[PDB]
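HY11-6B2_Mu Fab Heavy Chain in complex with fentanyl.
Throughout, protein chains are lettered first and strands after them, A, B, ... in sequence-line order, and every chain is numbered starting at 1. If you check the header, you will see the structure was determined by X-ray crystallography, 2.4 Å. Counting starts at 1 for both ligands and their atoms, following the listed order. Worth knowing before you read on, the calculation uses all heavy atoms, side chains too, and leaves out hydrogens, waters and symmetry mates.
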Amino acid sequence: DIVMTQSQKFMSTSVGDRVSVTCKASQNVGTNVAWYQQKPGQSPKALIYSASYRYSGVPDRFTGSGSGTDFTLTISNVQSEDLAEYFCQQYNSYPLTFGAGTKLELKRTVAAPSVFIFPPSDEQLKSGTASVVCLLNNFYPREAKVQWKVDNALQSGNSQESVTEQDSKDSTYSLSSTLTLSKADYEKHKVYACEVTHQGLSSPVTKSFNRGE
Amino acid sequence: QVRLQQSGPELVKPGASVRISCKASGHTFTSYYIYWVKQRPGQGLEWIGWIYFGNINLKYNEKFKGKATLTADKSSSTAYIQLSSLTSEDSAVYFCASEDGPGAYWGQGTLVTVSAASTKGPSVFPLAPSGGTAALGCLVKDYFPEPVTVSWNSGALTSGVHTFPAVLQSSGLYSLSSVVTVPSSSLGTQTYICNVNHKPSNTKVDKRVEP
Ligand SMILES: CCC(=O)N(c1ccccc1)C1CCN(CCc2ccccc2)CC1
């Protein structure tokens with residue numbers, strides 16, 4: 001199987017800007033490469049065939065190029081209706097393979113996350129399992145890093161992040177980080193902190209609580 | 001010129017089978033292809049195969065042989081895909097796609113949901129608000145399968161609500177949080193209910209959240 005690598009999973013643009021979505025094939029596919037657009041809920045719409053030829057109904061701001069192994073879909077003068085996910089695909093050999101997709105998202109001013117931390121509920125403490133939740137609210141850009149430090153000790157493996165899709169009103173993201181412990185280990189530790197680094201934060205911010213208010 | 005229209009959404013059980021249809025309208029001639037494509041939720045596209053309406057030629061994606069059977073009726077200009085021995089790995093949206101002259105067309109998609117043999121409703125735990133805006137929410141833990149559906153104050157609270165995409169825990173069970181930001185002055189005067197619906201287990205859980 002030929003692998004269509006789209007190294008950019010997210011890209012930011014303003015209306016009017018020019019953006020280039022890249023795609024690299026693991027083997028030579030000539031110019032037999034297509035591009036597709038998909039908005040949430042909608043079906044995918046075919047944009048380009050033969051690397052540089054537009055399908056019917058596709059505006060001229062969508063230019064495809066590339067050959068052999070490297071391919072690029074360039075959108076000039078981006079309009080609001082161009083914010084979507086974009087997939088490349090090869091059809092030079094079987095099996096036909098799509099790329100992983102690139103989401104084209106709206107550029108905006110940097111916004112630091114409002115950070116909140118939630119202790120586990122006494123209800124859940126009866127479950128023998130304890131979940132500590134840290135919320136990063138309405139920030140930009142998407143890149144953020146959360147660390148969990150229990151009695152100042154870096155955590156690993158025992159945590160899971162989740163990130164919202166970009167907001168259609170204020171163009172921010174939000175992120176939740178959940179630390180799952182046994183109630184056993186939760187009770188034999190005291191300080192619970194989530195450490196937030198972000199481009200809008202002038203220095204890393206740790207939000208924390210001591211078990212027992 | 002060409003309009004692809006597919007069959008309705010399928011809700012089936014493991015080990016069973018479904019047959020999806022894709023009627024192509026707008027063709028006078030049979031010299032066209034129907035391609036079938038799979039998309040699991042929040043994932044990319046995967047090509048299943050194609051069928052040519054001129055002579056009913058076929059190509060399958062090799063990893064779909066035995067899973068997918070492609071057939072075509074010229075008379076009603078309708079393509080069909082049958083999916084057999086259904087598993088959880090088969091739950092997806094299935095699109096059909098076609099070309100005509102310089103144009104390219106896709107169907108509206110057919111969602112196939114393969115139900116779980118074992119279902120779990122969500123445990124809903126309060127995320128209690130311990131500068132002048134507070135955050136509160138509901139941790140929606142250990143449910144299976146997808147999807148969950150969360151509301152606040154029976155639809156009356158929407159601004160500031162973030163319901164996070166589910167994350168599949170190490171236990172094979174889904175967990176998510178739904179949060180809201182509200183003015184901290186309201187914590188002593190406004191009641192906050194998260195309304196959680198999980199239809200696989202007919203679970204409707206309305207959870208009170210207080211400081
Ligand atoms: C997996 C789907 C797929 O690969 N394709 C497709 C796309 C949309 C809808 C149906 C199928 C195309 C197959 C062949 N085209 C090039 C032949 C061509 C080009 C321009 C007009 C008419 C024909 C490129 C991709």
By chain letter, which other chains contact fentanyl with heavy atoms under 4.0 Å? A, B
Looking at atom 16 (C) of fentanyl, what's its closest protein heavy atom, distance included? B/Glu99 OE2, 3.7 Å
Could you list the atoms of fentanyl found under 4.0 angstrom from a heavy atom of B/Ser98? 9 (C), 10 (C)
Just to confirm my output: which protein heavy-atom neighbour is closest to atom 11 (C) of fentanyl, and how far is it? B/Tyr35 CD1, 3.5 Å
Distance under 4.0 Å to a non-hydrogen atom of B/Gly101: what atoms of fentanyl satisfy this? 21 (C), 22 (C)
Just to confirm my output: which protein heavy-atom neighbour is closest to atom 7 (C) of fentanyl, and how far is it? A/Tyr36 OH, 3.4 Å
So if I count the atoms of fentanyl from 1 in the order they appear, which ones are less than 4.0 Å from some heavy atom of B/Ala97? 9 (C), 10 (C)
Any N or O of A/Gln89 closer than 3.5 Å to N or O of fentanyl: yes
Chain A: PDB entry name: HY11-6B2_Mu Fab Light Chain
Just to be sure I read this right, does fentanyl sit under 4.0 Å from the backbone of A/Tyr55, its side chain, both, or neither, counting only heavy atoms? side chain
Residues within 4.0 Å of fentanyl (heavy atoms): A/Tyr36, A/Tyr49, A/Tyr55, A/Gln89, A/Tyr91, A/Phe98, B/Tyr35, B/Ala97, B/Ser98, B/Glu99, B/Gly101, B/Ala104, B/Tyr105, B/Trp106
